[PDB]
> 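Looking at a complex of hydrocortisone and Corticosteroid-binding globulin here.
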Amino acid sequence: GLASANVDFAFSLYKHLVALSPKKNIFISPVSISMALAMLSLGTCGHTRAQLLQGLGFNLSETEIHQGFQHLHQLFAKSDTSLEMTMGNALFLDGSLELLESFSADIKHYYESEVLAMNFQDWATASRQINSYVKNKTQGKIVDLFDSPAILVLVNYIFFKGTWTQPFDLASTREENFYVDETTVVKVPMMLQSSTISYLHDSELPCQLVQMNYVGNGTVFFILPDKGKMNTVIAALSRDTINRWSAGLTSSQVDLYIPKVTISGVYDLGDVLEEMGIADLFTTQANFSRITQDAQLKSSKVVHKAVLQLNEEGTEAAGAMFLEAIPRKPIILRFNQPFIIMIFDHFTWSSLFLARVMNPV
Ligand SMILES: C[C@]12CCC(=O)C=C1CC[C@@H]1[C@@H]2[C@@H](O)C[C@@]2(C)[C@H]1CC[C@]2(O)C(=O)CO
């Protein structure tokens with residue numbers, strides 16, 4: 001099924017990226033990556049198609065996959081007083097190219113994708129056009145997404161605004177030490193609430209964790225590993241671990257200290273995808289025959305960018321992907337050191353956002 005395959009891709013992508021850049025702040029939107037690459041698969045055939053779908057975790061009909069993302073795209077459109085969420089897709093195309101009927105019909109039906117004309121000869125204008133488009137769609141959260149000129153650009157964006165069901169106490173906020181390294185300490189606004197919170201001191205892993213809900217169906221896990229045990233906890237991240245945590249989490253009195261995190265990241269997913277076995281996309285042997293017949297295309301660059309804001313009232317997260325194609329007693333829990341964030345949807349089981357916070361500033 002889609003829900004199982006998507007979350008397994010989420011953790012594997014996270015793990016591989018963590019290993020590739022071990023000191024960087026990692027904040028990603030796996031569902032964004034899965035939806036963008038699944039939309040791409042509609043334009044692939046042969047060995048490239050099979051390799052992409054298998055890498056995404058799908059047992060190779062294709063219609064089941066795209067109906068699944070159509071389902072997600074619909075449920076992820078919300079605009080209320082305490083909950084706001086949007087998700088979308090777009091295709092930027094040079095005038096020299098024309099999409100095949102079935103491909104453009106499929107991306108518009110299943111992914112509600114806009115197909116927008118573009119002059120790749122003027123890259124300054126082109127990259128300005130795409131950057132502003134993404135900027136507006138994510139409510140100004142994703143700024144300056146754009147690397148090298150390209151005749152086709154595939155885009156996906158996600159914006160999320162959640163409100164804590166248990167908000168942090170504004171008066172309780174103080175500046176605390178956040179210990180980045182053995183030689184690095186930064187000052188950060190540290191939030192505090194003393195509430196009945198779902199808590200688990202893990203006995204099978206060197207970590208302690210809490211679960212908090214947002215107004216609606218959004219939920220978040222904050223995982224604090226024991227000092228120097230970040231990679232032992234990360235390697236264990238799976239469906240079986242999150243299930244056991246969910247079953248283990250018990251209502252407890254917690255003095256919960258989490259910092260006011262404002263982080264961003266830009267990630268070239270080239271090395272990550274090829275580590276996961278998705279390699280044909282980038283080769284001069286790439287099969288992109290269902291996109292267009294006006295040119296044989298390969299992928300030149302795959303980039304993801306995401307931003308995270310945490311405060312006393314809630315969370316504001318946003319993400320964007322682009323693909324360029326060219327011609328072929330209270331328990332004190334203090335998050336004052338590197339920790340893990342997992343934002344999920346209760347309703348669909350979708351991994352919305354994953355984080356490894358090395359430095360909240
Ligand atoms: C593994 C699981 C069910 C099987 C599956 O294919 C996908 C997932 C990933 C997300 C998990 C989910 C369930 O376990 C319920 C979880 C933990 C959910 C995230 C939040 C959740 O809904 C709860 O926290 C339950 O209250």
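Numbers here are sequence positions counted from 1. Whatever order the structure lists them in is the order used to number ligands and atoms, beginning at 1. Basis for what follows: all heavy atoms, side chains included, without hydrogens, waters or symmetry-related copies.
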> Okay, next thing: residues with a heavy atom within 4.0 Å of hydrocortisone - which are they?
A3, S4, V7, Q211, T219, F221, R239, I242, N243, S246, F344, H346, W349
> Which residues, listed by UniProt as cortisol-binding in chain A, lie less than 4.0 Å from hydrocortisone by heavy-atom distance?
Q211, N243, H346, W349
> Measure the distance from atom 26 (O) of hydrocortisone to every protein heavy atom, then report the residue, atom name and distance (to 0.1 Å) of the closest one.
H346 CE1, 3.3 Å
> Are any non-hydrogen protein atoms located under 4.0 Å from atom 16 (C) of hydrocortisone?
no
> Looking at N243, which atoms of hydrocortisone are within less than 4.0 Å of one of its heavy atoms?
1 (C), 13 (C), 14 (O)
> Check this for me - hydrocortisone, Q211, N or O atoms closer than 3.5 angstrom, yes or no?
yes
> Please could you name the atoms of hydrocortisone that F344 approaches to less than 4.0 Å, counting only its heavy atoms?
10 (C), 19 (C)
> Going by the atom numbers of hydrocortisone, which of them fall below 4.0 Å from some non-hydrogen atom of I242?
1 (C), 9 (C), 10 (C), 11 (C)
> Quick check: what organism does the entry name for chain A?
Homo sapiens
> For atom 25 (C) of hydrocortisone, find the nearest protein heavy atom and state the residue, atom name and distance (0.1 Å precision).
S246 OG, 3.6 Å
> Output the list of atoms in hydrocortisone that are nearer than 4.0 Å to some heavy atom of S4, sorted by atom number.
6 (O)
> Nearest protein heavy-atom contact for atom 8 (C) of hydrocortisone: which residue, which atom, what distance?
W349 CB, 3.8 Å
> Per the deposited model, what residue and atom form a covalent bond to hydrocortisone?
none
